[PDB]
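Here we have a structure that includes saxagliptin (bound form).
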2 protein chains.
Amino acid sequence: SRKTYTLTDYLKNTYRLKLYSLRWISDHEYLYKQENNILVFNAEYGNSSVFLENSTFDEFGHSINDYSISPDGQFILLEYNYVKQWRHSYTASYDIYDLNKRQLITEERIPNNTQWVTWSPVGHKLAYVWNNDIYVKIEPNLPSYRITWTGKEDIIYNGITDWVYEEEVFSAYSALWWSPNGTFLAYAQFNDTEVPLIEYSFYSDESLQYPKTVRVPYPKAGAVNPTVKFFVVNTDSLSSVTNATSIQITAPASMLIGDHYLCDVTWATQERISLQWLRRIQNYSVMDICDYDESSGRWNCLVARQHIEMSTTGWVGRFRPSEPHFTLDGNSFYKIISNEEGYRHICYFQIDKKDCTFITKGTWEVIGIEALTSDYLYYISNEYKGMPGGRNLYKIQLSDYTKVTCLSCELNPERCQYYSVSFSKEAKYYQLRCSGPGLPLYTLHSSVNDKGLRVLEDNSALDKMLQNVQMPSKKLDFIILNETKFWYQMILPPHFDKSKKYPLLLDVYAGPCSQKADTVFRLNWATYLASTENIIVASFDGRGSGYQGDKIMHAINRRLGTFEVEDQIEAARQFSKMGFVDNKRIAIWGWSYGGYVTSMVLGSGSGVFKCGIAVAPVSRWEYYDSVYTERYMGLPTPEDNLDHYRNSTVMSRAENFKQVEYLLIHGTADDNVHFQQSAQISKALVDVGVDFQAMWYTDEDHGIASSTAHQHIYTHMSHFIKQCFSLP
Amino acid sequence: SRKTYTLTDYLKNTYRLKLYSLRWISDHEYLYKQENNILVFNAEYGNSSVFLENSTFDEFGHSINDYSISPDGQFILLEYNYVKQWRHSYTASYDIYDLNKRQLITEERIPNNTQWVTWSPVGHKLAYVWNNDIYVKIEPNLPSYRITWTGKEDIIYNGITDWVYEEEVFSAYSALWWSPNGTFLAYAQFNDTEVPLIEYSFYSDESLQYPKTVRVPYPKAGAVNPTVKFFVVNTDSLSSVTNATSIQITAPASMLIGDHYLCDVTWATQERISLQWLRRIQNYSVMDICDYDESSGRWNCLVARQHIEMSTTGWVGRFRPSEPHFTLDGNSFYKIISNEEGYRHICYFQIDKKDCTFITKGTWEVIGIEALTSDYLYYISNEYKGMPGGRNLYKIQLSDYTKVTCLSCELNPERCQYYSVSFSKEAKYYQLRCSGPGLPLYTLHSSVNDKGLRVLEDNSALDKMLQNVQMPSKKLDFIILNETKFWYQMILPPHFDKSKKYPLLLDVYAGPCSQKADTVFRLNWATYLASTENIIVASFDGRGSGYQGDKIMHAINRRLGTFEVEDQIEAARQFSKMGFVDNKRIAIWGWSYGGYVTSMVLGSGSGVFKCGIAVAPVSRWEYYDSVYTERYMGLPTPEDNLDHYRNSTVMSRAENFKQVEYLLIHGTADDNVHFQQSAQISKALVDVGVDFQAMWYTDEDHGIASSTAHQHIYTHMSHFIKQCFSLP
Ligand SMILES: *C(=N)[C@@H]1C[C@@H]2C[C@@H]2N1C(=O)[C@@H](N)[C@@]12C[C@@H]3C[C@@H](C[C@@](O)(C3)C1)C2
Ligand SMILES: *C(=N)[C@@H]1C[C@@H]2C[C@@H]2N1C(=O)[C@@H](N)[C@@]12C[C@@H]3C[C@@H](C[C@@](O)(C3)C1)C2
């Protein structure tokens, strides 16, 4: 009688997860948006006040896309006219609303087409980027000071990232770092003068008669990379009539002998900055610690204070060197480092000392350091019950490292095994956020004795509705391959019956440091395939996958498209043995790296798979960007790793594709994984006479995520899998 | 027979038609290559000898792509390093070989990357184009004289066409015309400075890291057109010291007032040139007659012998103003003109007098004038038996117009109903070429008494092979719609049984002045579809179609995408009535204009069609080029015909596509119908929520004709059609 979870339910979002997104603004209060009202909440007592009425700006004249309140509460930035660029970057217009008064400030407005804007950490200074140059406003109504004059579209970027830094290094458009004081503005400058341009057509609305050509500086593997410089300006000594002076901070000589990246920026105190640099060959990095000389007005970085991080087994950090967390006085810090057994744990460094001290150890990894006080360090790890796909909050007593208390493991052990967290300033309180395996649960806690204060959102509304649907369930378990555990999950049809044989869809990603088997609750395409189409959707984390130490993660070093492709295959065989999978109906699919792996598997001739779907696949590593690819594959030269570059293409395997049904899909405006990668696959298949199915999506990018395209691609894919599985 | 004509037979050319391609080199001799030997034949007596032995260039080194023998038989042009550009244009390398000395020329060679070369009509002068400039060689071993200095890639073309002139106007890359003497070289010059560029990606071999962007000056409907100038140079007065003096001949003043085209160049005598010009609104055309003033070195085009052609119902000519055929003295000419009743017939013009005299008349049309002698004019027409899809050779006695003799009608009336012809110099002999309904037949004849001399090729070898195969038959007939007859053909499966019900594939082109129902014999995809899959393949010639008078051809004027579309739908209903059609299984497909009509049809919500395939469709007329589109559609301005431009798009019909299965195919490097057109179709279907199948072919142009792609697309379409018809 009860309904199933339908494709339409997925597509139209019938069943919504409620969130509780808060922003701490002090040690005891947070802001929360509620029915477009902005409320301030007091953590200890839970009482609230309306800070911004949803009726304010009703007559503002534009739909306001976003807001940002200055730290000390005197102003609010209103973002409107948002126009998205890449994954993080975008352009917009801005108004400032004086809260003390009740006026929009009318003159010296932040310009249209501004590329980035930030408040300082304290007060109400602004820094923004417009036409690739940096500007500073001391007060919201005063004329800004121009800090840089070198900005040039597509060539010199001040205070914002170029394409490859945004996507691969900072995961952000911003390249601006205020000191905790607001006294100094640090920024990077990127120079793309000789980076080659990827070009592709954008077709736009039907009314455009000639297609547009988009051209983006974009280093493919082995190509010329952007260069970077780092500067710090004193925002307290700006002059109306004198250009502002930026002091440059140069990379360490061991970086200057070749191509290198600036990869981390972190203020330690009001007068100390930490910079991390990374060689183009990403197995060697340097942390520089630079102090302000108030007499010189200059910045010096003592070589004695440098810290070096090397890898023998692979690359530095999971995707990049980890962030250091400085003690209050700035003379020491903690960061995650891979230990001698290859597990990532918390290491304590002292700035004038050479080696660090491990504060944690064991056959599990620290995921992130979340907070630090003088008595305790709080971190997320997957230690609980030895499950790599679980996540919990722990605290370590800094006076006795043997005293670790888990703060989340036992709160709600059946419902909650995957936590993330958000601490107020000075770590007086924290919000816990459980993501599964039960429905997401948001709770507020006091750090004093780690006492629960109250439930913030328990998603009871969603619970009511789902009691009316036949939901699939999820199994998280492991198999053994050559003496080692590798984890998988299965999304199982409702009323699962291990005596019947089900079709199986292998959902893959398997890029380096990926994890597809975990304890989080999701409502997605797979929910539909299991609930309505009675398909099992499996995912497997093989060699190359993360959060289980370097032996596993680095197995793939200089060898992309090998072990992680074989392992997805062997996992599929082992699934086939289990007595509830029809071995005649095994499919595979994935997006991006998942599309690469899907294609390499389908072209392996294993005979294990009936059909597969690759969406926006990499096909050849020379086509993808330098920073991501070289991190794992080194350089595509005869002296380095050219030979596995050439050995790991989808194209070289065209012939074996005649054994399977293949659907190939790609967006024509994909700035990230270029349509090119897919166009070379289809051409190789044609050359060898293999029939297959294709679908391009006009003007969609890597995400294929406009509402209509998103509905369309999943509708198309369902049909393909239904037909491949002889489902009616 | 047991065996059928298979997809593989089509794809791999199991059964080849033999041809007999000769070139006349005088009034009674022709060259014909047998094996790789070049033979010279004597037409009167049929005897022959080897002109050039196949073993002459074994040591030449390069693969010779083609050859051209000079008129006086002394030299031969060898063409290698052939590189195709658009439909007619290409670059190549050239060697010249002295036939008397029996040695290759080594001094003053024709440059690499030459764009066009042509002997003078007499003797052995050479004119060629290189880097967009014209050069002339008096002797094959002497330095060439440079004629123009203005050539610049993609901007100034001397002696060759730009894109839209090659494709839509001259159907040729060449824009050079030797006078009959070889004394004068006339050439056109095209100026693309302000013509917008169409841009698209070319991906090339896998090894190319960054896709290349192709850029071509291409006027879309309504955009700035290239401009043209016309020049004549005296080749007998060239100096190695002084520059070549090119005399310009300017368009008439009635053309100069706005945008216009040079549409035809014809030498009449040694000192008389004919130029036809065409207004950009292509219902107005002017023919100039220009004479050399020997005493001034100038060319004068007097208005006394200027002729005007206008249309009130449509455009001028079938695709352009027809060619003039001058009598020997240059004082008069014959050309095809639409008469008072809208049928195209031969008209007699006397240079300095008004009007012309029609010398043919009737309900039918002359397809072309083929040859002109002192006594007779030879032309092809579809008079015979009132079949508009047949072609026959006639001659009209010049001294008495009522004396018309059909020369081909009765040669073999059951095998042969579609002839073309090739006359020798001065029309002493002609080769007849019959293309259907039976197997092709080549014969030689003499003009004196129209005696049949001998058979050249009768395709007996093909004949015996096909006797062993179950071949389809071809039905050619008409339905009456109003009081008008409209012709159609059916390719019928072997052992056709009118009591059975067969699935039907409507094969459409249906562009202006097209004809898809004729008596030609073809071995193509439809053959496979009828012979092996027992599918009926029908084509219908409705309103807009040619060779049946203006009333029918012009019906579509300024309204593309209406009657020709409706009529295809109406034909299928008629076909449905006929009791041998399963009206639950009717499909449609077409390429280019057929792709556009197919989609308009599928988007009409008519319910007659289950599925259809569009290959490289036009989707919106603003996307296609100015010369073709504007010819039928006028300009897309509010004051002209913008409303129907906007009413006749495929995109506006997307909603109705949810009623049919649709396959959309396009090549990414299509320089003619830009991929843009299908890119916008799929986008409209996505935005509307309609599922469909698609396939791009990377780096393929409009013909998708690389042998791997050609095999692939037809294999893909075959699978699609067989599933739509449930044909196991
Ligand atoms: C697929 N998403 C492409 C192709 C391979 C994985 C490279 N990839 C990326 O887009 C990367 N830039 C990602 C995006 C995101 C954050 C980082 C890790 C990642 O696994 C997920 C890949 C960099
Ligand atoms: C597809 N055939 C495209 C799109 C519309 C029909 C116009 N077309 C052409 O390619 C034209 N340039 C043609 C090519 C060839 C010779 C001329 C008449 C034509 O019907 C066949 C179309 C111009």
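Here is the naming used below: chain letters follow the sequence lines, and residue numbers restart at 1 for every chain. The deposited model was determined using X-ray crystallography, 2.3 Å. Read the numbers this way: they start at 1 and go in the same order the structure lists the ligands and their atoms.
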According to UniProt, what is the name of the macromolecule sharing the most 4.5 Å contacts with saxagliptin (bound form, ligand 2)? Dipeptidyl peptidase 4 soluble form
Which other chains are heavy-atom neighbours of saxagliptin (bound form, ligand 2) at a cut-off of 4.0 Å? B
Closest active-site residue (UniProt) of chain B to saxagliptin (bound form, ligand 2), heavy-atom, 1 Å: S592(B), 1 Å
May I ask you to identify, for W591(B), whether its side chain, its backbone, both or neither come under 4.0 Å of saxagliptin (bound form, ligand 2) on a heavy-atom basis? neither
Which organism did the depositors list for chain B in the deposit? Homo sapiens
Does the deposited structure record a covalent bond between saxagliptin (bound form, ligand 2) and a chain, and if so to which residue and atom? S592(B) OG
Under 4.0 Å from atom 15 (C) of saxagliptin (bound form, ligand 2), do we find at least one protein heavy atom? no
Heavy-atom contact check, 4.0 Å cutoff: does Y596(B) meet saxagliptin (bound form, ligand 2)? no
Can you figure out which of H702(B), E166(B), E167(B), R320(B) has its heavy atom closest to atom 12 (N) of saxagliptin (bound form, ligand 2)? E167(B)
What residues, by chain and number, sit within 4.0 Å of saxagliptin (bound form, ligand 2) when only non-hydrogen atoms are counted? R87(B), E167(B), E168(B), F319(B), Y509(B), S592(B), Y593(B), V618(B), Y624(B), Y628(B), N672(B), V673(B), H702(B)
